[PDB]
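The following structure: paracetamol with creb-binding protein.
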Amino acid sequence: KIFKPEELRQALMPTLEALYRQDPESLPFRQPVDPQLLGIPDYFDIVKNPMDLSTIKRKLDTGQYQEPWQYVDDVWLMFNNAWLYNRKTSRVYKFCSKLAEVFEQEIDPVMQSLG
Ligand SMILES: CC(=O)Nc1ccc(O)cc1
């Protein structure tokens with residue numbers, strides 16, 4: 001199963017768009033966490049591989065995902081980073097959980113169609 005870059009992008013983009021359409025829940029995830037601006041030097045000590053929606057979109061737009069599971073991995077990386085670093089009742093954690101709910105709903109039929 002070799003994937004054409006534009007077809008992989010076309011099949012996956014709606015799942016990413018669904019995340020972006022979540023307002024306010026996507027908002028903390030539409031751009032990278034910047035620990036220097038936020039003044040949180042511990043962030044990169046906990047989150048070794050940062051990920052966010054803007055980076056996932058750029059990768060999806062620029063043929064950086066050869067296979068669908070690589071995209072799925074990055075989305076889960078984004079979620080797991082947020083759930084690891086932040087308090088359970090924090091806004092970011094709660095918002096993350098909503099995006100995860102949406103993603104789990106969107107991704108299943110898409111991954112089945114691709115496979
Ligand atoms: C997605 C995320 O982890 N955002 C975030 C983390 C720490 C902070 O102090 C402010 C925002």
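For reference, positions follow the sequence shown, starting with 1. Each ligand, and each atom within it, is numbered from 1 in the order the structure gives.
The site surrounding paracetamol (ligand 1), defined by heavy atoms under 4.0 Å, contains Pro28, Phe29, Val33, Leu38, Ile40, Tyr85, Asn86, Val92. Ranking protein heavy atoms by distance to atom 9 (O) of paracetamol (ligand 1), first place goes to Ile40 CD1, 3.7 Å. Residue, atom and distance of the protein heavy atom nearest to atom 10 (C) of paracetamol (ligand 1) are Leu38 CD1, 3.7 Å.
Most of what chain A uses to contact paracetamol (ligand 1) comes from UniProt domain Bromo. In this PDB entry, the source organism listed for chain A is Homo sapiens. When only non-hydrogen protein atoms are considered, atom 6 (C) of paracetamol (ligand 1) lies nearest to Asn86 OD1, 3.6 Å.
The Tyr85 neighbourhood of paracetamol (ligand 1) comprises atoms 7 (C), with distances under 4.0 Å to a heavy atom of that residue.
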Write none if no such pair exists; otherwise list each N/O atom of paracetamol (ligand 1) with its protein N/O partner under 3.5 Å and the distance.
| unit_1 | atom_1 | unit_2 | atom_2 | d |
| --- | --- | --- | --- | --- |
| paracetamol (ligand 1) | 3 (O) | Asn86 | ND2 | 3.1 |

